[PDB]
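Figure: structure with daraxonrasib.
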Amino acid sequence: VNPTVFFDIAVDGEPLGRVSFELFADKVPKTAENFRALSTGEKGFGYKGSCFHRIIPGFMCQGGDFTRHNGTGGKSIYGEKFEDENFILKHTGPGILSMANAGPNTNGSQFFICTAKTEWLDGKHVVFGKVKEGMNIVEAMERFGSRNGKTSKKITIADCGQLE
Amino acid sequence: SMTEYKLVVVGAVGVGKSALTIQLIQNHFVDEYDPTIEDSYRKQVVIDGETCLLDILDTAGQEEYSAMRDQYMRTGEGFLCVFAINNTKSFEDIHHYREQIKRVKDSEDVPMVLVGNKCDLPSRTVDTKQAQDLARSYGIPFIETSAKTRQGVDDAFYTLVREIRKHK
Ligand SMILES: CCn1c(-c2cc(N3CCN(C)CC3)cnc2[C@H](C)OC)c2c3cc(ccc31)-c1csc(n1)C[C@H](NC(=O)[C@H]1C[C@@H]1C)C(=O)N1CCC[C@H](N1)C(=O)OCC(C)(C)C2
Ligand SMILES: Nc1nc2c(ncn2[C@@H]2O[C@H](COP(=O)(O)OP(=O)(O)NP(=O)(O)O)[C@@H](O)[C@H]2O)c(=O)[nH]1
Ligand SMILES: [Mg+2]
């Protein structure tokens, strides 16, 4: 049974709402496990408190740098980086959850949520989940973004964990 | 008002386009890698006694979006063509950037400067003579730089302004 995790999103510290994700442990178990563990914080570190540093309307919301909080950092539960598990799943449309990277086999903790189909990322970023509930929260996050991704308010993961 | 110069910084991923620009604008060195989407900066300087306003477009080196460079090449007045002296592929990528700029602007005469960056590192794979000969065949200046030590940073951007002045 694929796990489900949640983010409680805040905007300059004020609550916005909850987004939940199904993680495709049945297709990308190692990548889903990394995101699951970072969402519970069970290794002593993870997504809680971190921000969405890059939001580009029409494309995606990107976050997950909990080590440097500036979009350059992040780390996996396996080490600083880990390999591309597979590219079976595609960036088919809004709600797709996929790993950010700086080239082949550089997955850490940064991730992005698609707000449109981004098919040219297929075979370069590992898709491993999708928004289950709260896509309207992701839609609402877009207006705090901009052409180059700079955000006009601080969009943070106020709380996060695994749902039963 | 002072004359404005539209400078555009181009080159392969990781050669130091942003580190050079941020050194120019903010006088410090970014050690971490923050991959660029697109950033714009403004700075006034004095060059050869004349005060002017630099408008700098710091571009992404991502090969995936090479088709989308044509629009900022249309707008730009001069191009800082950056490679890293320890990255021979980035030196080879220079030809494709210059060819793309010439094609987009439909001119053999576009203000450009060749910049070999990271000259503080000991792992040099592109010889100074190699880059100097390439720049001579293009008819443009060649400047060696380090965003880390600041060597040549002002010189690279100011030389590009002088190239635009000679063209205009
Ligand atoms: C040409 C302008 N440009 C554009 C672009 C592209 C288009 N089209 C392309 C497709 N056709 C069909 C239509 C037109 C239109 N408009 C723009 C933008 C709005 O024009 C300003 C993009 C982009 C991406 C990078 C650099 C320049 C870029 C870049 C720079 S590092 C990168 N990608 C990958 C990025 N690594 C990291 O962060 C590393 C640090 C961490 C560890 C990464 O894992 N992710 C996740 C996936 C999304 C990606 N970030 C990102 O942000 O994509 C932005 C997007 C807008 C989706 C694409
Ligand atoms: N030693 C040294 N490192 C440098 C120098 N210039 C840049 N770097 C380093 O090289 C890495 C990439 O630099 P960056 O300026 O981001 O390169 P870029 O060309 O803008 N990359 P992109 O095309 O993704 O936007 C960073 O770790 C940066 O600190 C330099 O002169 N010397
Ligand atoms: Mg850059």
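Note on naming: letters A, B, ... go to the chains in the order of the sequence lines (proteins, then strands), and numbering restarts at 1 for each one. All heavy atoms count here, side chains included; hydrogens, waters and symmetry mates do not. Indexing begins at 1, ligand by ligand and atom by atom, following the structure's order.
- The structure holds daraxonrasib at ligand 1.
- Here the macromolecule bound to daraxonrasib with the most contacts is known in the PDB entry as Peptidyl-prolyl cis-trans isomerase A.
- By chain letter, those with a heavy atom nearer than 4.0 Å to daraxonrasib are A, B.
- Under the 4.0 Å distance rule, the nearest protein heavy atom to atom 2 (C) of daraxonrasib falls outside the cut-off.
- By UniProt annotation, the domain of chain A with most residues touching daraxonrasib is PPIase cyclophilin-type.
- With a heavy-atom cut-off of 4.0 Å, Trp120(A) touches daraxonrasib through its side chain alone.
- With a 4.0 Å heavy-atom cut-off, daraxonrasib is reached by the backbone of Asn101(A) but not by any atom from C-beta on.
- Organism of origin for chain A, per the PDB: Homo sapiens.
- Heavy-atom contacts of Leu121(A) reach the following atoms of daraxonrasib: 47 (C) (cutoff under 4.0 Å).
- Residue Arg54(A) touches daraxonrasib through its side chain alone, judged by heavy-atom distances below 4.0 Å.
- Shown in contact with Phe112(A) at under 4.0 Å from a heavy atom are these atoms of daraxonrasib, numbered in order with element: 46 (C), 47 (C).
- Close N/O approach between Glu38(B) and daraxonrasib is not found [any backbone or side-chain N/O within under 3.5 Å].
- Listed by number with element, the atoms of daraxonrasib under 4.0 angstrom from any heavy atom of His125(A) are 43 (C), 44 (O).
- The PDB entry names chain B GTPase KRas.
- Daraxonrasib lies nowhere less than 4.0 angstrom from a heavy atom belonging to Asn148(A).
- Applying the 4.0 Å criterion to heavy atoms of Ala60(B) picks out, from daraxonrasib, the atoms 26 (C), 27 (C).
- Residues of other chains with a heavy atom under 4.0 Å from daraxonrasib: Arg54(A), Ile56(A), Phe59(A), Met60(A), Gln62(A), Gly71(A), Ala100(A), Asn101(A), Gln110(A), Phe112(A), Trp120(A), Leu121(A), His125(A), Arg147(A), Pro35(B), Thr36(B), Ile37(B), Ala60(B), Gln62(B), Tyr65(B), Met68(B).
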